[PDB]
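Structure containing tipranavir.
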Number of protein chains: 2
Amino acid sequence: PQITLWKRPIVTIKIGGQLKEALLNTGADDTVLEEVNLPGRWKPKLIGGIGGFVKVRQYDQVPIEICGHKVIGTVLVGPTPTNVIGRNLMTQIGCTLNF
Amino acid sequence: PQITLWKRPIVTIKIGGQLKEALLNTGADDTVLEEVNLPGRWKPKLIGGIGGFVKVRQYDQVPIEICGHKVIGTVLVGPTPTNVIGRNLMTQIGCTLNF
Ligand SMILES: CCC[C@@]1(CCc2ccccc2)CC(O)=C([C@H](CC)c2cccc(NS(=O)(=O)c3ccc(C(F)(F)F)cn3)c2)C(=O)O1
């Protein structure tokens, strides 16, 4: 689809058997979620944002279906305000900016 | 143009007679810059980010030319991991997401 930017570009995702909403964020290198329950090993990561730095769990090779498109990649889990889909996943669904 | 997301979507801007680079950020409601020297009155604002909250100066009706497109809108000035162009300005240049 084409999505305009008069409102937040929020989409429905399925991850780890759970349904969430998340923001398509071209400013984010990475994908950051909260309150998801991912299986298996992870490693600590620190990421920077507006407001400071955040400690997250880094989970690799995680299946996630984003607006009906199945992809796999790294998902960070930690205490973000809104769920964010970053460029690491947006490239996998073929998303571009256009003006 | 069309811009893919394999790298950060960075564009050149002119604001207040100075040249900067900034990140096209569909996750950001607002536009946040640093090191800009804007004229005249401003109001304090607090904004939330993934890592906490930031105190910024809010300047209204600021001319800014973003990749050669002249627009006007609110610009927030304060700390950020990088200069960010948010949806408030991206709608004015007719930017959309497409997948
Ligand atoms: C003004 C934008 C503020 C924003 C708003 C988040 C939000 C939205 C709705 C409701 C509440 C909160 C959006 C955003 O992209 C980030 C930053 C980048 C500016 C962000 C988002 C996601 C992850 C990261 N960390 S990172 O390691 O992937 C990373 C670090 C730095 C940058 C850089 F390009 F900005 F430098 C991009 N990515 C940062 C942020 O900190 O919060």
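Convention: sequence-line order gives letters A, B, ...; per-chain numbering from 1. Order of appearance sets the numbers: ligands from 1, and atoms from 1 within every ligand. Determined by X-ray crystallography, 1.2 Å, according to the entry header.
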- tipranavir: ligands or chains: ligand 1
- Query: Looking at contacts alone, what is the main macromolecule next to tipranavir, by its name in the PDB entry?
  - Reply: HIV-1 protease
- Query: Other chains near tipranavir with a heavy-atom separation under 4.0 Å: which ones?
  - Reply: A, B
- Nearest protein heavy atom to atom 5 (C) of tipranavir, by residue and atom, and its distance? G27(B) O, 4.0 Å
- Where's the contact between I47(B) and tipranavir, heavy-atom distance under 4.0 Å: side chain, backbone, both or neither? neither
- Query: Would you say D30(A) has any N or O atom under 3.5 Å from an N or O of tipranavir, going by distance alone?
  - Reply: yes
- At what distance is the nearest protein heavy atom to atom 7 (C) of tipranavir, and which residue and atom is it? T82(A) CG2, 4.1 Å
- Tell me which protein heavy atom sits closest to atom 12 (C) of tipranavir, plus the residue, atom name and distance to 0.1 Å. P81(A) CG, 3.3 Å
- Message: For the 3.5 Å polar cut-off, considering only N or O atoms, please tell me whether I50(B) and tipranavir meet it.
- Response: yes
- Query: Tell me: protein heavy atom nearest atom 38 (N) of tipranavir, and distance?
  - Reply: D29(A) N, 3.2 Å
- Check each of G48(A), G86(A), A28(A), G49(A) against atom 25 (N) of tipranavir and report the one with the nearest heavy atom. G48(A)
- Query: Using a heavy-atom cut-off of under 4.0 Å, does the side chain or the backbone of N25(B) touch tipranavir, or both, or neither?
  - Reply: side chain
- Around atom 32 (C) of tipranavir, find the nearest protein heavy atom and jot down its residue, atom name and distance. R8(B) NH2, 3.6 Å
- Message: I'd love a list of the residues lining tipranavir within 4.0 Å - heavy atoms, by chain and number.
- Response: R8(A), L23(A), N25(A), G27(A), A28(A), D29(A), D30(A), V32(A), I47(A), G48(A), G49(A), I50(A), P81(A), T82(A), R8(B), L23(B), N25(B), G27(B), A28(B), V32(B), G49(B), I50(B), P81(B), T82(B)
